[PDB]
Amino acid sequence: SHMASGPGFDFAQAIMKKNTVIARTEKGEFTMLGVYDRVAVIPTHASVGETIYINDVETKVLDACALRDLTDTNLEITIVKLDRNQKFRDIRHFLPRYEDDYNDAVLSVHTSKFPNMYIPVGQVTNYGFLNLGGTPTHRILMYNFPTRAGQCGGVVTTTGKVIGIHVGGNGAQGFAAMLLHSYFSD
Amino acid sequence: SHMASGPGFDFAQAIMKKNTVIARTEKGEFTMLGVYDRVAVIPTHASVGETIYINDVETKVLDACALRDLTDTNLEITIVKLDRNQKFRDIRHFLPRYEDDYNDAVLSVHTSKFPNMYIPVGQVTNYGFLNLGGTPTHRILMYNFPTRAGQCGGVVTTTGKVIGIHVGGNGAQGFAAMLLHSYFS
Ligand SMILES: *[C@@H](CC(=O)OCC)[C@H](C[C@@H]1CCNC1=O)NC(=O)[C@@H](CC(=O)[C@@H](NC(=O)c1cc(C)on1)C(C)C)Cc1ccc(F)cc1
Ligand SMILES: *[C@@H](CC(=O)OCC)[C@H](C[C@@H]1CCNC1=O)NC(=O)[C@@H](CC(=O)[C@@H](NC(=O)c1cc(C)on1)C(C)C)Cc1ccc(F)cc1
């Protein structure tokens, strides 16, 4: 069915090894992408509090911002600033500047149960609006793969671009929230 | 952590897309590797009967042979001949001819819940003998990855070599049965 490229697999591998951690909230375990310095991202439905477990180390959250567009609509991204010695590789230059469609993407998961899994998801479409668990959400990417709980937070990449994080699905399709350069560079 | 090469991921993807199906027995679902014609392999612990579900289509098993070496020891490979119109790409030339060690291997799964997932497992070592669920087993490959149930039948590959199928683990390590060219020729 779906296929990815060699450089695509190697690009995903480099992001996972250097820019992901296992995050655990009250709501469960999630893959977490670190973007730069001590700034990382996680789906809003994870309900981040004043503390979070990062690789099983409880870490103080210095700040969190649940992202909403100018229509005050959910984007399902929550940016968190972490009180933790280690800093992230700056990967902002891999973030897209515009909404777009993509071919042969890869979904990568980093949890305790699946500490290094890679899933080619195929063509990613700009789906736009989504009724996500009853919450209207915008800037959604869609792919036809039977995604599962525990893949939320998973990083979706193309060769050279980190395009989103997984946030939902219906049993036959997966949905990711867009990542955009403007969210982190202003 | 564990790492694989682009060519490694691309070879595994080609094997999965062309030479794997979802097999479901009374004992559960397993990844099933087709080797040539209508011949496929599955772990013996799947307890294959006279029928099997191949991609949710009940298929008549024409023959099955649970492999044991010349010491009459379990190998955990079962070769099945399937009553199935479509035939498999012959990939016998990718099978190793002898026991060996491998680097930066990949474990690939094709089940209903995880249809085509890829896991770098790192260095694969010829472990040899294993007491698998109380059954003495030979020709076992070992890799340090926390494998799980539902990854049994998963194909272990390196670029150009189909080296084994997953059959067990202990929570910190995974174990696969060797595949050898002599089994099919
Ligand atoms: C991962 C996160 C999770 O499980 O909950 C965290 C506490 C999970 C992944 C999906 C599960 C099933 N397959 C997946 O990929 N995410 C969720 O469960 C979100 C809610 C959903 O995905 C719902 N699906 C839909 O709403 C939907 C809409 C369409 C067109 O198709 N499906 C569930 C019914 C599966 C978690 C979430 C996010 C934002 C919210 F406002 C509420 C809930
Ligand atoms: C895959 C098949 C399956 O789950 O269905 C069979 C009921 C599963 C994979 C392992 C599960 C846990 N993690 C895995 O990778 N395979 C099994 O459960 C076999 C038995 C085992 O793996 C045991 N482990 C050991 O024996 C062992 C030995 C050493 C040195 O380290 N671990 C369980 C304790 C997990 C299934 C099997 C195969 C052949 C038999 F004769 C009996 C049982």
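Every chain is numbered from 1, with letters handed out A, B, ... down the list of sequences. The figures that follow rest on heavy atoms only: side chains count, while hydrogens, waters and symmetry mates do not. Method on record in the header is X-ray crystallography, 2.0 Å. For ligands, and for the atoms within them, numbers begin at 1 and follow the listed sequence.
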Colleague: Okay, next thing: the drug at ligand 1, what is it?
Modeller: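 It's rupintrivir (bound form).
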Colleague: I keep wondering which chain grabs rupintrivir (bound form, ligand 1) the most here. What name does the PDB entry give it?
Modeller: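 Greatest contact count: 3C Protease.
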Colleague: Around rupintrivir (bound form, ligand 1), which other chains have a heavy atom under 4.0 Å away?
Modeller: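 Other chains in heavy-atom contact: A.
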Colleague: What residues line the site of rupintrivir (bound form, ligand 1) at a non-hydrogen cut-off of 4.0 Å?
Modeller: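 Heavy atoms within 4.0 Å: A:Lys27, A:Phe30, A:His45, A:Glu76, A:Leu130, A:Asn131, A:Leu132, A:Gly133, A:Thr135, A:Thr147, A:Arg148, A:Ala149, A:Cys152, A:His166, A:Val167, A:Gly168, A:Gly169, A:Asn170, A:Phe175.
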Colleague: Quick check on contacts: which atoms of rupintrivir (bound form, ligand 1) are under 4.0 angstrom from a heavy atom of A:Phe30?
Modeller: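 With A:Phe30 as reference, the close atoms of rupintrivir (bound form, ligand 1) come out as 6 (C).
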Colleague: Give yes if a backbone or side-chain nitrogen or oxygen of A:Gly134 is under 3.5 Å from a nitrogen or oxygen of rupintrivir (bound form, ligand 1), and no if not.
Modeller: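 For rupintrivir (bound form, ligand 1), there is no N or O atom that lies under 3.5 Å from one belonging to A:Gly134.
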Colleague: Indicate yes or no: does an N/O atom of A:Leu130 lie under 3.5 Å from an N/O atom of rupintrivir (bound form, ligand 1)?
Modeller: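 No, no N or O pair falls under 3.5 Å.
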Colleague: Give yes if a backbone or side-chain nitrogen or oxygen of A:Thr147 is under 3.5 Å from a nitrogen or oxygen of rupintrivir (bound form, ligand 1), and no if not.
Modeller: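 Yes; the residue has a nitrogen or oxygen that sits under 3.5 Å from a nitrogen or oxygen of the ligand.
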Colleague: What is the source organism the PDB records for chain A?
Modeller: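 Per the PDB entry, it is Human enterovirus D68.
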Colleague: Could you check whether any other ligands or ions come closer than 4.0 Å to rupintrivir (bound form, ligand 1)?
Modeller: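 Other ligands or ions: none.
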Colleague: Would you say A:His166 and rupintrivir (bound form, ligand 1) have an N/O pair spaced under 3.5 Å apart?
Modeller: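 By distance alone, the answer is yes.
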Colleague: Which residue and atom hold a covalent bond to rupintrivir (bound form, ligand 1), if the model includes one?
Modeller: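 The deposited model shows a covalent tie to A:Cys152 SG.
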